S.K.: 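Today's structure: one with carfilzomib (bound form).
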Amino acid sequence: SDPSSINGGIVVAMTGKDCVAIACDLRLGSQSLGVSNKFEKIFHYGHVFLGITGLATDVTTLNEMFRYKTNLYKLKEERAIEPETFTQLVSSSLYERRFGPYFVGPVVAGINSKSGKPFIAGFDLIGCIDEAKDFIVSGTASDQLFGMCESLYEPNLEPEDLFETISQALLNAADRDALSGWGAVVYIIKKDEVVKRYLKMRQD
Amino acid sequence: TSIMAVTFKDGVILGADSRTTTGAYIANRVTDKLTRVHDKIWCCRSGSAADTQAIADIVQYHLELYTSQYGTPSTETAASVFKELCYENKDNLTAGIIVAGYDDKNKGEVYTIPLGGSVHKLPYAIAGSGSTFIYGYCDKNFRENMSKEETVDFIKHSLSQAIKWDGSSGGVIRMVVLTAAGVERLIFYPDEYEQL
Amino acid sequence: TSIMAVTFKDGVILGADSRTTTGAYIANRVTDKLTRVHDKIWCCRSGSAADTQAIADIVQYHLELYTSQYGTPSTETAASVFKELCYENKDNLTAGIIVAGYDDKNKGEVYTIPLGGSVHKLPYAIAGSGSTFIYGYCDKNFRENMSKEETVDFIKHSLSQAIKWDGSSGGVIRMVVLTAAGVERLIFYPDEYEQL
Amino acid sequence: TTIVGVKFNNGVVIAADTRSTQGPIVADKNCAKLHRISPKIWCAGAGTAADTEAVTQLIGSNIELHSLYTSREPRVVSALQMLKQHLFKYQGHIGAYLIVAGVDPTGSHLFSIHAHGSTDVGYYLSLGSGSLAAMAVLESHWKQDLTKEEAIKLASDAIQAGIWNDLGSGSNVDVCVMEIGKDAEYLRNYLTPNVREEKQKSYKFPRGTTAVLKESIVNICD
Amino acid sequence: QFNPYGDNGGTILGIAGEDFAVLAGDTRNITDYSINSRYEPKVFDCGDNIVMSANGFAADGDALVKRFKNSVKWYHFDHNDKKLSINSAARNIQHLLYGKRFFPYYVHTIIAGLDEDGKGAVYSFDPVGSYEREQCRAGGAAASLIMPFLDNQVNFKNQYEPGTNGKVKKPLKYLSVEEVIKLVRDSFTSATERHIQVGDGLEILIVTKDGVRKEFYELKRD
Amino acid sequence: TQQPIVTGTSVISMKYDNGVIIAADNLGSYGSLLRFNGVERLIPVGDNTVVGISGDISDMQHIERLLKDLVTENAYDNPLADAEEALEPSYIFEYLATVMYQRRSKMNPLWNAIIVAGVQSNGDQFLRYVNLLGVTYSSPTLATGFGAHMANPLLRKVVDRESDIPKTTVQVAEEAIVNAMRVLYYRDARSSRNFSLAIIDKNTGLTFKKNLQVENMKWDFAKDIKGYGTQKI
Amino acid sequence: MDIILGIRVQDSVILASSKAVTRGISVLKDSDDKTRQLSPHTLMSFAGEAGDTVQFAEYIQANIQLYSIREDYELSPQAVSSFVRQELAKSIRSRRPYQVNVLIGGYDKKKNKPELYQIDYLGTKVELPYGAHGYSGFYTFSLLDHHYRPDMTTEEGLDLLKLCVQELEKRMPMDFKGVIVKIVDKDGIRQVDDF
Amino acid sequence: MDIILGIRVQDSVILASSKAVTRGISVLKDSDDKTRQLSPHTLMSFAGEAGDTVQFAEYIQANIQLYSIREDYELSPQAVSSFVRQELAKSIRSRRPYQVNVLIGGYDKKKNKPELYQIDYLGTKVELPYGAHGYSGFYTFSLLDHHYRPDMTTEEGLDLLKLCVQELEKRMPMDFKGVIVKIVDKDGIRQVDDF
Amino acid sequence: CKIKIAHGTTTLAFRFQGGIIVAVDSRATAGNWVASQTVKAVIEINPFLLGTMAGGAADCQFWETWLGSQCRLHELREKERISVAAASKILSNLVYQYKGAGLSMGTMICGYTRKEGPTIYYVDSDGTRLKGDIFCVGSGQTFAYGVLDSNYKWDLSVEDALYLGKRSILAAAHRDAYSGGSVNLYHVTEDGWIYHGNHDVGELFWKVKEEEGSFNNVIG
Ligand SMILES: *[C@@](C)(CO)[C@](*)(O)[C@H](CC(C)C)NC(=O)[C@H](Cc1ccccc1)NC(=O)[C@H](CC(C)C)NC(=O)[C@H](CCc1ccccc1)NC(=O)CN1CCOCC1
Ligand SMILES: *[C@@](C)(CO)[C@](*)(O)[C@H](CC(C)C)NC(=O)[C@H](Cc1ccccc1)NC(=O)[C@H](CC(C)C)NC(=O)[C@H](CCc1ccccc1)NC(=O)CN1CCOCC1
Ligand SMILES: *[C@@](C)(CO)[C@](*)(O)[C@H](CC(C)C)NC(=O)[C@H](Cc1ccccc1)NC(=O)[C@H](CC(C)C)NC(=O)[C@H](CCc1ccccc1)NC(=O)CN1CCOCC1
Ligand SMILES: [Cl-]
Ligand SMILES: [Cl-]
Ligand SMILES: [Mg+2]
Ligand SMILES: [Mg+2]
Ligand SMILES: [Mg+2]
């Protein structure tokens with residue numbers, strides 16, 4: 001009965017030279033029982049990408065909630081929301097439920113369309129922002145991801161090289177966690193193109 | 001904490017140590033537990049630092065508003081406002097407060113307010129963890145209508161012993177003198193009071 | 001309980017109240033908490049009545065057997081036997097004992113033994129629930145090499161205050177004088193000590 | 001966390017480490033614990049990271065509206081009062097432990113606030129897990145009539161004590177100097193004594209190392 | 001109520017080569033958020049070319065190593081100075097650990113050395129004695145950080161041959177002592193960055209047919 | 001299963017170029033009550049070792065008796081009891097470390113934290129810690145209780161690593177220890193002003209200093225502190 | 001309430017739901033239909049806490065039927081499932097949550113595709129080729145992993161379903177008194193009377 | 001372990017005992033014989049805590065077989081039951097008691113009478129015309145109160161027993177996978193293979 | 001609070017026309033942490049006897065190697081290989097002495113002798129001892145049962161039986177989070193046990209998916 005580790009899952013995000021990458025596993029389970037192997041945890045609103053780990057009902061709810069809010073934002077602002085601004089929106093919304101929180105570990109990733117700067121950020125369940133130059137990790141294999149990223153990561157990686165690094169970080173971390181894995185997805189994000197790759201990984 | 005207030009010939013004197021603790025760690029060694037709720041109505045704070053401050057802030061507000069409408073409040077009135085807060089919120093408060101004030105009619109008065117929120121008007125009052133160690137001493141040594149210098153010595157010797165035996169009390173001995181003359185702050189350092 | 005033992009010029013004096021309680025009921029108002037473990041080695045008992053009696057009975061037995069083989073035991077020896085029992089059975093005992101005795105070589109000696117079973121040799125010692133209220137008083141008023149009459153007054157005034165403030169202490173003030181002259185029992189009734 | 005505050009001649013300085021933890025795991029190696037309430041009132045925060053940020057922003061927001069309403073520069077005691085009453089109302093559940101400092105028309109000020117709403121006044125203060133390591137340094141080296149450069153040195157040394165000796169604190173030292181009559185200078189990463197050494201090996205993978213099942217272009221445009 | 005266990009933190013790492021084996025471990029010893037020692041070795045030469053470490057609760061770790069060292073001594077007395085093989089040592093340790101099955105040694109034990117064919121060997125144990133020979137094992141507080149990195153770099157897990165459509169795996173090969181130490185040093189610098197209980201210093205014990213060599217490296221002290 | 005009754009607070013210590021220093025205040029606390037003031041918590045064993053003990057005093061007095069008995073036992077049938085076969089710090093420590101761990105293993109611990117400071121026969125400095133759990137460790141500076149949190153940071157500014165030991169004199173080392181004791185008096189609620197200090201040097205031997213006091217304290221700034229926020233008077 | 005299964009095949013969705021209702025040491029009923037028709041081409045089976053199950057199912061049924069009348073239009077299985085999920089997602093943070101797990105089997109007439117949604121009491125929705133709630137899944141999932149193919153017929157799906165029930169009847173501790181099987185396709189909802 | 005029944009008729013004792021062995025959510029076995037032959041004309045069925053049941057049954061079996069060899073004589077069902085009761089009566093105040101309930105069905109050759117003893121894990125012995133342990137009794141006792149007669153034959157007893165099993169299969173929550181039935185009479189012990 | 005010790009492995013063994021198949025996975029877990037993927041959950045007691053391990057790793061590893069010593073002592077004393085019944089009962093009587101102490105074991109003693117023929121005995125830590133044709137034990141036992149039971153016949157060939165055992169573990173390895181790593185196969189005949197290799201799930205899953213056309217739930 002620990003909400004953050006019932007369903008399982010992981011998300012990781014990295015920066016590179018004029019690019020960002022965000023990746024997640026596909027598992028959704030009920031404790032030991034693996035239920036779904038198609039449960040994607042990365043969503044996007046315009047050019048801003050959001051990954052969410054934790055309790056699956058809240059992952060779904062928050063996606064729907066941020067789609068709701070970014071749609072109204074765009075109608076009133078007459079422009080797409082930027083990663084820096086969206087990060088603040090996520091933080092506001094999570095802290096609004098301070099004493100009855102969504103049991104989640106969200107991760108923002110994207111490139112600011114005006115400045116062109118790569119941007120990533122992470123949060124705890126009550127909305128504390130964790131900004132980073134290098135990488136953000138989240139989920140039931142966060143310890144594993146921290147260890148992989150801290151050793152494998154180097155700055156200013158090209159999109160093609162960055163893909164290999166983030167993928168290897170996710171895969172090997174997932175393989176040491178029982179509640180993570182069952183497939184994986186990686187988003188490579190350049191200024192005006194986004195490539196989505198499904199990884200081949202062990203299915204146990 | 002170790003705190004006390006003592007009435008005497010010319011008025012009343014409040015006394016306190018300066019120790020604030022978190023478990024066995026001293027979070028503040030120079031605390032000021034003697035606080036003003038009105039010109040010549042002060043209080044000694046013991047118990048929760050947060051609770052006693054919140055209470056003292058509210059009382060100051062009430063007495064400031066009282067003064068704007070009805071002029072200077074009595075020391076009894078101040079004690080009643082403290083009581084009302086302590087009694088009605090007894091379930092959520094840890095505050096042992098001594099109220100002390102100087103009227104011109106009533107001279108020096110001391111009201112003590114323990115955990116329950118009861119009010120007790122006394123010639124002198126002691127409170128706080130370290131007061132337990134000086135009930136015997138204070139009862140034997142207190143006299144009514146003492147002089148200023150005698151009362152200062154009585155408070156200094158008493159709190160010196162309270163500090164000596166109570167680990168939850170220490171630092172400097174702060175005192176506040178309330179008379180017709182005005183308000184006087186006194187401080188006494190370890191090098192003096194320890195070797196009494 | 002309120003108990004104390006005080007060394008002085010001619011030897012040592014033990015002092016105690018006479019109250020035994022079950023919760024708030026006074027099971028015995030004329031208890032004798034000063035007990036003989038040897039001719040001129042006595043103890044003050046505080047804590048569990050059953051434990052302290054059982055302990056004192058065993059110590060008396062040990063010292064009687066010691067005397068048959070090796071002659072009169074020292075006050076230190078008596079304290080060590082008390083310690084050995086209190087320390088080794090610390091988990092099952094509630095006993096705060098003060099050991100006091102008169103040697104001709106060592107004169108008056110006082111050893112206090114708190115709950116843990118540690119030994120502390122002191123000029124004077126206080127213990128029991130009511131001792132908390134007289135740490136301040138006793139520290140300020142104790143002097144070494146007092147006379148018999150001064151020590152009796154010091155104990156009487158101290159236990160009077162302990163009794164006054166502690167609900168768990170009361171009744172008569174028993175005392176036992178240990179000197180070269182011999183053993184003298186003293187008693188003091190409420191009508192005398194209350195109005196000190 | 002380790003956070004400190006030190007008063008000096010013509011103002012006040014506060015400092016903080018930059019470690020953020022999640023259990024035994026270092027989540028952020030360079031987080032900002034120094035918060036701007038108003039231009040010349042700054043706040044060092046320890047405890048629940050979301051709470052310190054949220055409570056500082058809320059009071060900072062209300063302080064700005066109050067400053068505009070009264071046509072006056074905000075005072076530290078206003079921020080102090082608003083913070084403590086907010087925290088007290090929540091009976092400690094908002095786990096924010098703050099060192100509030102700044103300059104205003106009244107002068108220079110230094111306070112601390114605890115989660116339950118109790119405030120303390122002082123010339124030198126320290127809060128957080130490494131407050132004992134810091135306070136040890138402050139108690140050993142603090143004196144009356146410190147200069148600007150001496151107070152910065154003392155403050156950063158108190159943070160360093162936390163960085164090295166407390167496992168809860170680490171990485172860098174942030175400083176903010178608030179002098180009277182001058183603009184407050186926020187010195188982000190004032191010291192960086194924990195630089196990561198060169199790695200022994202590059203872990204750049206040969207391209208094609210990772211096995212892929214599918215590729216697809218994602219549509220971000222309308 | 002009295003709690004007989006404690007957590008002294010730290011982390012250990014064992015890698016096996018073709019004709020050698022390394023057993024590394026940081027030198028930091030902690031309790032709660034305090035550092036007890038910056039240099040307290042927990043990787044020990046036990047004789048017969050066997051190095052051992054029992055990470056977790058140090059009192060239990062020391063007791064175990066002490067008992068095994070003593071087991072080696074009596075093995076010589078009772079069996080005509082016969083060399084205790086690494087496989088025999090492992091089985092003996094299982095019985096030491098399981099002997100306290102119902103009041104366990106709170107430790108993750110790793111031993112390293114050479115097998116009877118002269119090839120590198122690493123064995124790892126759980127707290128109650130279940131053991132297994134492996135090429136690779138991390139243990140302790142930062143095991144969860146280091147281990148997946150070792151799967152990737154030592155056993156080439158999830159790495160395929162470029163251009164082979166993820167069909168041909170990267171071939172397994174033994175690593176040189178130089179390449180292994182590079183991985184150890186990087187594993188510990190990474191673990192030091194992200195785990196608060198890991199740091200101060202790194203001590204590696206290398207085991208070849210010639211004997212037991214030592215190497216020491218500084219780690220971040222925050 | 002125990003609960004400590006009469007307790008002793010911090011014991012602090014450090015190494016210097018020729019030997020080791022150790023210190024501990026003279027207080028026997030009974031909870032919040034500062035009950036006993038004449039308690040010696042540094043116990044010398046021979047002329048080359050000092051054992052500093054914190055925690056339960058009844059258990060401390062038991063450990064005293066064990067060490068006292070150890071000296072007696074070592075002298076038996078030992079012509080070189082005051083020479084080559086005298087008790088070393090390492091011997092005394094290992095014995096205690098054995099006892100402490102055996103007692104915790106029987107779920108009946110000696111509720112103490114112990115620091116054995118001394119100088120070996122070959123001149124080497126010895127300083128090692130052991131506690132109720134049987135946990136042992138060594139470091140250029142060692143401290144128990146609040147000392148661990150407040151003293152160690154200050155002492156590590158003097159001797160941060162091994163290479164700083166030859167560079168640290170006995171004057172500099174003692175100054176840091178005495179300073180640390182002052183800081184503990186400021187900030188530890190179960191500490192006293194009166195303390196004992198011991199120096200074990202390889203040249204000058206054992207110097208035991210009793211009845212020391214914390215002095216040169218800063219309290220003057222307290223007078224300027226008024227209220228808890230707004231209050232001006 | 002215990003066993004509810006679901007299998008999506010080429011052209012239909014098949015739901016199987018146990019018939020037993022047990023309270024204490026007594027099987028009170030052995031012919032219970034643990035499902036409600038939400039709309040002509042959408043069926044919802046349910047299992048969980050006593051009372052909550054039927055109360056929740058009928059509440060959803062009333063809402064979907066209200067929508068159908070108002071718009072003179074049938075909601076898509078995807079739309080119904082999202083509505084149901086949101087109701088459970090609200091529920092879980094209520095004073096007393098609905099402890100109900102559901103399967104929603106429907107046929108989308110616009111896409112001409114069968115759809116099976118599995119939603120737990122927390123509001124955790126997943127579209128699946130085959131689904132189950134409770135302990136049933138611990139046997140049926142691995143069985144279907146092996147025997148299921150995406151292009152199967154309704155008749156092949158029923159044989160695949162018989163294989164699940166047999167396995168459950170063999171290895172489950174409790175007697176669940178067989179199952180009521182219902183099929184959802186382009187022609188609506190119908191019950192298999194002989195199973 | 002769950003269902004054990006016993007019916008004493010005119011000339012025999014009939015014991016019925018469930019075949020299922022269940023651990024967690026898995027029926028590990030469906031052909032388990034929950035009985036041991038203590039002597040040629042004495043049979044004991046058992047049910048209770050896992051492990052304890054078989055360990056206790058075999059321990060008793062060993063003791064009775066030891067007695068038979070020593071004296072070259074068969075103990076009476078009354079004597080065996082008293083021995084068993086005393087062992088359980090000792091057990092209940094031990095450090096770890098046997099949590100086992102037994103039925104002892106035997107034919108006394110000296111009296112030429114069948115005898116059925118019901119003994120619980122506390123050592124509570126009663127001679128009965130019909131007996132049961134666990135939740136079984138809550139159905140079977142009232143059923144037998146109605147249908148049982150003292151002068152019934154073995155064949156009538158088996159039909160009476162079939163009536164009990166049917167009722168249990170209808171109203172019991174758990175699948176106990178049928179029963180193994182054994183008859184004890186003047187000719188010894190034999191198993192009914194088709195039930 | 002309490003320490004996490006290695007637990008696991010999913011094991012099965014079924015009797016059939018051509019002897020006994022025994023299949024197990026190789027994963028050990030400490031909570032959600034995957035501790036090992038290379039655990040030997042089959043003990044080779046002797047050329048005719050096997051023992052499967054599930055539950056506490058140490059408990060199983062320690063007591064089954066101990067069991068092997070007791071079986072060796074039997075054949076030294078009695079000049080004859082121990083029966084599967086006797087071997088299993090030594091283990092079951094041992095754990096019964098530790099009943100309540102907290103041992104966690106789910107084992108299966110598989111082997112062949114002349115008097116018994118192929119025999120499988122389930123033995124667990126709460127004292128249960130059962131002879132039987134089919135058993136699945138471990139956290140992923142139900143997943144293995146689902147595939148095994150639905151495809152089991154007595155008249156399976158050695159080739160088909162070996163595969164069904166392998167496929168059943170794979171099924172559990174896939175669905176059960178606490179099962180995986182690799183499959184270890186064994187075939188027990190009248191001549192003794194025969195090892196049929198270590199099969200990594202990493203390659204085996206995709207090989208089985210492609211060739212068999214199963215696992216359509218997974219993104220191909
Ligand atoms: C003497 C010391 C005893 O009566 C005095 O009365 C002084 C009075 C002055 C300071 C006004 N009392 C205190 O110093 C007071 C003692 C105390 C402690 C706990 C409850 C009531 C009274 N100290 C405090 O209030 C400190 C002040 C902070 C450290 C600046 N606060 C705490 O200890 C907080 C308060 C929690 C609380 C409990 C119940 C009612 C209100 C508030 N406690 C903690 O932070 C707990 N801490 C967590 C980490 O582990 C150690 C304990
Ligand atoms: C003062 C009073 C306290 O410091 C003195 O120390 C004296 C010592 C004298 C008598 C030598 N102490 C007592 O009078 C002592 C108080 C006490 C109570 C419990 C534990 C420790 C100390 N009183 C007693 O020992 C009485 C004496 C009887 C009435 C003759 N005994 C009890 O109160 C017993 C004690 C049982 C016990 C508990 C823990 C350790 C040892 C013994 N308690 C009861 O009878 C409980 N009682 C049942 C009726 O409902 C009210 C509670
Ligand atoms: C020193 C470093 C330690 O005290 C400083 O005090 C810093 C303060 C800086 C960061 C402002 N303190 C922390 O970093 C603080 C320590 C802490 C942790 C938990 C409770 C209280 C204090 N760390 C945090 O607040 C982290 C911030 C992360 C890095 C973004 N937050 C968490 O660890 C959250 C705690 C959430 C929380 C909920 C309810 C009450 C209090 C806090 N914890 C998690 O996210 C863990 N968990 C993982 C799975 O998802 C669900 C939650
Ligand atoms: Cl205060
Ligand atoms: Cl008495
Ligand atoms: Mg009285
Ligand atoms: Mg640090
Ligand atoms: Mg799996």
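Order of the sequence lines fixes the chain letters, A, B, ..., with proteins taken first and strands second; residue numbering starts at 1 for each chain. A restricted portion of the entry is shown here, and the contact count covers that portion and nothing more. The figures that follow rest on heavy atoms only: side chains count, while hydrogens, waters and symmetry mates do not. According to its header, the structure was obtained by X-ray crystallography, 2.8 Å. Start at 1 and go down the list; that is how both ligands and their atoms are numbered.
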S.K.: Could you point out every ligand or chain corresponding to carfilzomib (bound form)?
M.R.: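 The answer, copies included, is ligands 1, 2 and 3.
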S.K.: Count heavy-atom pairs within 4.5 Å of carfilzomib (bound form, ligand 3) for each chain, then name the one with the most as UniProt does.
M.R.: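 Main binding partner here: Proteasome subunit beta type-2.
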S.K.: Around carfilzomib (bound form, ligand 3), which other chains have a heavy atom under 4.0 Å away?
M.R.: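 Those with a heavy atom under 4.0 Å: A, D.
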S.K.: I'm looking at chain A - what's the name for it in the entry?
M.R.: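 In the entry: Proteasome subunit beta type-3.
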S.K.: Which residue, and which atom on it, receives the covalent bond from carfilzomib (bound form, ligand 3)?
M.R.: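 The entry shows a covalent bond to D:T1 OG1.
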S.K.: Help me out - nearest UniProt active-site residue of chain D to carfilzomib (bound form, ligand 3), and the heavy-atom distance to 1 Å?
M.R.: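 Nearest UniProt active-site residue in chain D (heavy-atom): D:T1, 1 Å.
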S.K.: Just wondering, which residues come within 4.0 Å of carfilzomib (bound form, ligand 3) on a heavy-atom basis?
M.R.: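 With heavy atoms under 4.0 Å, it is A:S4, A:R98, A:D124, A:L125, A:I126, D:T1, D:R19, D:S20, D:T21, D:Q22, D:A27, D:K33, D:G45, D:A46, D:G47, D:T48, D:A49, D:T52, D:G168.
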